[PDB]
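Accompanying notes for the structure given below.
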Amino acid sequence: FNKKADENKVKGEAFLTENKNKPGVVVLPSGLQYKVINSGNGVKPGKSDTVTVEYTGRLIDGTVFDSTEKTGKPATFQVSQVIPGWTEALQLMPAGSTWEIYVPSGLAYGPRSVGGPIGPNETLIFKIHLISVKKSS
Ligand SMILES: CO[C@H]1C[C@@H]2CC[C@@H](C)[C@@](O)(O2)C(=O)C(=O)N2CCCC[C@H]2C(=O)O[C@H]([C@H](C)C[C@@H]2CC[C@@H](O)[C@H](OC)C2)CC(=O)[C@H](C)/C=C(\C)[C@@H](O)[C@@H](OC)C(=O)[C@H](C)C[C@H](C)/C=C/C=C/C=C/1C
């Protein structure tokens with residue numbers, strides 16, 4: 001079944017390679033890429049602050065394994081408990097601004113199939129809309 005690993009691997013290596021190149025996308029040294037769907041330039045949380053957002057998660061191949069923005073109902077996460085990719089992105093995503101981040105498998109759910117449809121060597125992407133921001137102290 002590792003055969004699939006190669007697909008996730010190639011599509012994924014191509015996904016990041018392609019995504020960083022895709023317009024609106026900004027790539028970082030960590031390999032994390034974010035695209036600003038809507039600029040808000042508002043507030044936003046630190047690694048320890050809490051955030052409120054809505055989002056849709058899918059595979060490089062379009063296999064949607066999770067969603068929330070579809071519902072449009074925000075979810076609360078602590079930047080410290082969120083996926084690594086998300087960890088930095090929220091801190092860079094201003095409130096009111098809607099971004100899309102493409103998280104390298106290393107910064108996402110792992111290089112292994114760590115999920116349902118999420119197969120071996122899967123790169124995951126999510127759409128992140130910032131509705132409200134908290135604060136640790
Ligand atoms: C894992 O299983 C997932 C289930 C699915 C997997 C697929 C993804 C699409 C999703 O649907 O969650 C999903 O919505 C999701 O993961 N999201 C939503 C979008 C941003 C945050 C991200 C995510 O889960 O970040 C976080 C990320 C998944 C956790 C790990 C971060 C490090 C990274 O290396 C790991 O890779 C695997 C994943 C989890 C969160 O959503 C937010 C921030 C964290 C919580 C609310 C905390 O409750 C959680 O923090 C971990 C905790 O473990 C606390 C302490 C204790 C409680 C009882 C346990 C919660 C467990 C949550 C587990 C979750 C949701």
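Numbers here simply count residues along the sequence, with the first being 1. Order of listing sets the numbers, starting from 1, for every ligand and every atom in it. If you check the header, you will see the structure was determined by solution NMR.
Measured by close contacts, the chief partner of ligand 1 is listed under UniProt as Outer membrane protein MIP. Notes: drug at ligand 1 recorded as rapamycin. Under a 4.0 Å non-hydrogen cut-off, the residues that form the binding site of rapamycin are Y55, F65, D66, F77, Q81, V82, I83, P84, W86, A108, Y109.
In chain A, most residues contacting rapamycin belong to UniProt domain PPIase FKBP-type. Listed in the PDB entry as the source organism of chain A is Legionella pneumophila subsp. pneumophila (strain Philadelphia 1 / ATCC 33152 / DSM 7513).
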